[PDB]
> 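Below: experimental structure, ZK200775 bound to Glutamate receptor 2.
Letters A, B, ... label the chains, following the sequence lines from first to last. The numbering of chain A matches the PDB entry: 494-543, in order. By the numbers in the PDB entry, the shown part of chain B spans 396-547, 569-819. Cropped entry; intra-crop contacts only. All values below were derived from every heavy atom in this structure, side-chain atoms included, with hydrogens, water molecules and symmetry-related copies excluded. Counting convention: from 1, in listed order, for ligands and their atoms alike.
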Amino acid sequence: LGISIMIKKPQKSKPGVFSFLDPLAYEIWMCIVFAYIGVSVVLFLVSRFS
Amino acid sequence: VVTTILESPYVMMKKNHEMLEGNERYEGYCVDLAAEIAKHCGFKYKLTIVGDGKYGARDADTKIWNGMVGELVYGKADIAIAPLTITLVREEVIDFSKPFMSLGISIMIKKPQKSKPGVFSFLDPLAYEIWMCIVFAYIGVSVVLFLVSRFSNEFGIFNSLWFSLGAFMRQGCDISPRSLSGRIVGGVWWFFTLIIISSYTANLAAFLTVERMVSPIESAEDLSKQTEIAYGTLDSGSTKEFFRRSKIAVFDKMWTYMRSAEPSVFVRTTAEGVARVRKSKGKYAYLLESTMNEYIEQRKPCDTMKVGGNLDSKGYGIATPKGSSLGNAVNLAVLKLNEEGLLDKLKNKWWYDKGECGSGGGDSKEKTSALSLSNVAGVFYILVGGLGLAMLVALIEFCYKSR
Ligand SMILES: O=c1[nH]c2cc(C(F)(F)F)c(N3CCOCC3)cc2n(CP(=O)(O)O)c1=O
Ligand SMILES: CCCCCCCCCC
């Protein structure tokens, strides 16, 4: 025998259901949605002038 | 009867100094040096710390030595196993060993850590010249496509700038060239956009994966030229006197700056200097003895580091009064200790082995984090600016067409 290391067993660490959204923070996704609505409305408004 | 001094890495008082006091139990680099110098030269020594608590100097009127020079010229103690900057005045009154440690005026700066990502950071993966060449390449391609479709066909200038922009931003094109000479332009601009977008994405991935930090300043030869970073000494001592008595170009400039600069860059004490470096940003640099800086960068919180070589070299000795029969018994032993690799081992242990932090453990330690809104907001600003501009030009066209 001998002196041996002992460390905590690494868990499986299953990924989250919506883990694909991690590379961008929550604020970025929600500001994407809000800028989308803003751009759609501005494009509509500018398109229509009579 | 050998003196000493209280500098922390050299002679220190251990925990519960009451229980462990005196020569029997002291801790320090100079303590181990004294032990080894006795092991090589057996003698009776009792560790008598200097009463005055400072190093030698003479008052112009008093004309007396104080500290570990006064304790030696006046027969108060045998020798002084402690850091003495060998110098002309001290030598003229004591007999100095060969330097058991050489050093200089190092440069101390705060450890370079990642800054807050600035606005307009999204265009970092490509150099400025590439961005400008992209803009003018787009404006050149659109003009050439217009000229081609108007030699030999709705590709007017307005309707061709839109096609080129659509092809660059990967969004589908409304129309496509029909002639041969329009299709050549279309094809080569498609290839160009493909390569540029792939290059931008790849280099951005490289930026995000491995981070590479660079020291803002490398050496005093460039610290003089920078002048956007304030660098300061202690109040008065070897460092300030050296800079005022210097005559080299770079050092004379680094003194002319600090002589006339506000606020008070000169620091009251070294603890205040390191506190100021740690508290402030990379705009403050501290010029201290090399050994003290190397020692400081090892203790917690390990927020500082040493950059650049030593500006001027001077060594530390083991003093001994002129008439001593022990005067020549220390030169040879110091040289032998230096040659055996024992003094270096002592310093290595005392400074790195008793180190609060280690370089190898945190060498990579890489962790990646989600892109915060701070990184990107430089494009949200541009988006809303473009929308405001679009509404503005819409109203201008409406008002012009109404009349
Ligand atoms: O003989 C001298 N030997 C000295 C040795 C040291 C150190 F090595 F660090 F112990 C220092 N320090 C420099 C900053 O860190 C704390 C004290 C000062 C010394 N001084 C005064 P100087 O003129 O300011 O150099 C001397 O005169
Ligand atoms: C964090 C959940 C919100 C993400 C919304 C993703 C939709 C973006 C496409 C418009």
> Which instances in the model belong to ZK200775?
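It corresponds to ligand 1.
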> Return the other chains, by letter, having a non-hydrogen atom closer than 4.0 Å to ZK200775 (ligand 1).
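Heavy atoms from other chains: B.
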> Could you walk me through which residues contact ZK200775 (ligand 1), taking a 4.0 Å heavy-atom cut-off?
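Residues with a heavy atom in range: B/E402, B/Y450, B/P478, B/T480, B/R485, B/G653, B/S654, B/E705, B/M708, B/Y732.
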